[PDB]
There are 2 protein chains.
Amino acid sequence: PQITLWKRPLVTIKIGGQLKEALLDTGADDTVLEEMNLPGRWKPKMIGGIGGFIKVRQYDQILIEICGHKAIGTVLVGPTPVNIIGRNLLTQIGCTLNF
Amino acid sequence: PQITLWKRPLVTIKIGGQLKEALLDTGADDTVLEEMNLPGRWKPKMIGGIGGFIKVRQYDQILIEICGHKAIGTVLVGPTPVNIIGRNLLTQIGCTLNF
Ligand SMILES: Cc1cccc(C)c1OCC(=O)N[C@@H](Cc1ccccc1)[C@@H](O)C[C@H](Cc1ccccc1)NC(=O)[C@H](C(C)C)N1CCCNC1=O
């Protein structure tokens, strides 16, 4: 679909079998989700954005469906204020900016 | 134009007589630019990122040219590591997400 930006581009996602609301974020290199339980091994990582750094758990090769489009890639889980879908997954669903 | 998301969507902007590189960020409600000396009145503001908040100066009705597309609105200025073009200005240049 074509999504205007008068409101936050929030969409429903499905990960680990659970439905969530997440932000399509072209300003994010990575995908970071709020604290949750995901199966599989993880590695402790840290990312620094505006405001400082946070500790996250990196899950690789995680299935995630974004607005009906499937993706498999790296998902970070930690104390992020909002579920963020980053460019690593936005590219997989064929997302582009257009004006 | 159409901008893929394989790399950071960075584009050239013109503000206050200066040319700069800025990030088209659908995950940013507002626009925040690296520290610069804009004239006129301003109001303090704090904006939240992934790691916390930073203090910025809010300037209203500031003209910015984004890829040749003009826009006028609120521009925040503060210790941001990256120039960020937010939804308040992306809407003005007719920017959409498409997949
Ligand atoms: C939310 C908001 C409100 C008002 C004004 C502004 C500018 C606002 O946006 C501020 C903001 O940080 N939004 C982020 C997502 C957001 C929305 C709401 C709350 C919190 C965050 C995201 O889109 C932009 C921001 C840019 C950035 C900053 C420093 C270093 C690198 C990149 N990108 C990142 O932080 C990403 C994270 C998300 C994986 N990130 C950090 C690891 C390095 N690379 C990278 O890409």
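Chain letters run alphabetically, one per sequence line, in listed order. Residue numbering for chain A follows the PDB entry; the residues present correspond to positions 1-99, in that order. Here the PDB entry sets the residue numbers for chain B, with the shown residues being 1-99 in order. So how was this one determined? The header says X-ray crystallography, 2.0 Å. Whatever order the structure lists them in is the order used to number ligands and atoms, beginning at 1. Note that these values count all heavy atoms, side chains included, but never hydrogens, waters or copies made by symmetry.
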Which listed candidate (atazanavir, tariquidar, rebastinib, lopinavir, Orladeyo) is the molecule at ligand 1?
lopinavir
Mind checking which chain lopinavir touches most? I'd like its name from the PDB entry.
Protease NL4-3
For lopinavir, which other chains have at least one heavy atom closer than 4.0 Å?
A, B
Could you say whether the N/O atoms of B:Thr31 and lopinavir ever approach to under 3.5 Å?
no
What organism is listed under source for chain B in the PDB header?
Human immunodeficiency virus 1
Which atoms of lopinavir are found less than 4.0 Å from any heavy atom of B:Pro81?
29 (C)
Run the numbers for me: atoms of lopinavir, each under 4.0 Å from some heavy atom of B:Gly49, listed by number.
12 (O), 20 (C), 21 (C)
Taking N or O atoms only and a 3.5 Å limit, does A:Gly27 qualify as a polar contact for lopinavir?
yes
Should you measure from each heavy atom of B:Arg8, which atoms of lopinavir turn up under 4.0 Å away?
44 (N)
With respect to atom 7 (C) of lopinavir, which of A:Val56, B:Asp30, A:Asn83 exhibits the smallest heavy-atom separation?
B:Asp30
Which lopinavir atoms, with their elements, are less than 4.0 angstrom from a heavy-atom of B:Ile50?
20 (C), 21 (C), 37 (C), 38 (C)
Just which atoms of lopinavir are under 4.0 Å from any heavy atom in B:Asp29?
2 (C), 3 (C), 4 (C), 8 (C)
Can you report which non-hydrogen protein atom sits closest to atom 15 (C) of lopinavir, along with the distance?
A:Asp25 OD2, 2.9 Å
Show the atoms of lopinavir that are less than 4.0 angstrom away from any heavy atom in A:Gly48.
30 (C), 41 (C), 42 (C), 43 (C)
Between A:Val32, B:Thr26, A:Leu23, A:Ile84, flag the one that comes closest to atom 39 (C) of lopinavir by a heavy atom.
A:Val32
Yes or no, since that's all I need: does a protein heavy atom fall within a distance strictly under 4.0 Å of atom 27 (C) of lopinavir?
no
Which residues, given by chain and number, touch lopinavir within 4.0 Å on a heavy-atom basis?
A:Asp25, A:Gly27, A:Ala28, A:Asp29, A:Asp30, A:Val32, A:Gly48, A:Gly49, A:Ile50, A:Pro81, A:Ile84, B:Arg8, B:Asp25, B:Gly27, B:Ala28, B:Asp29, B:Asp30, B:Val32, B:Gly48, B:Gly49, B:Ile50, B:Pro81
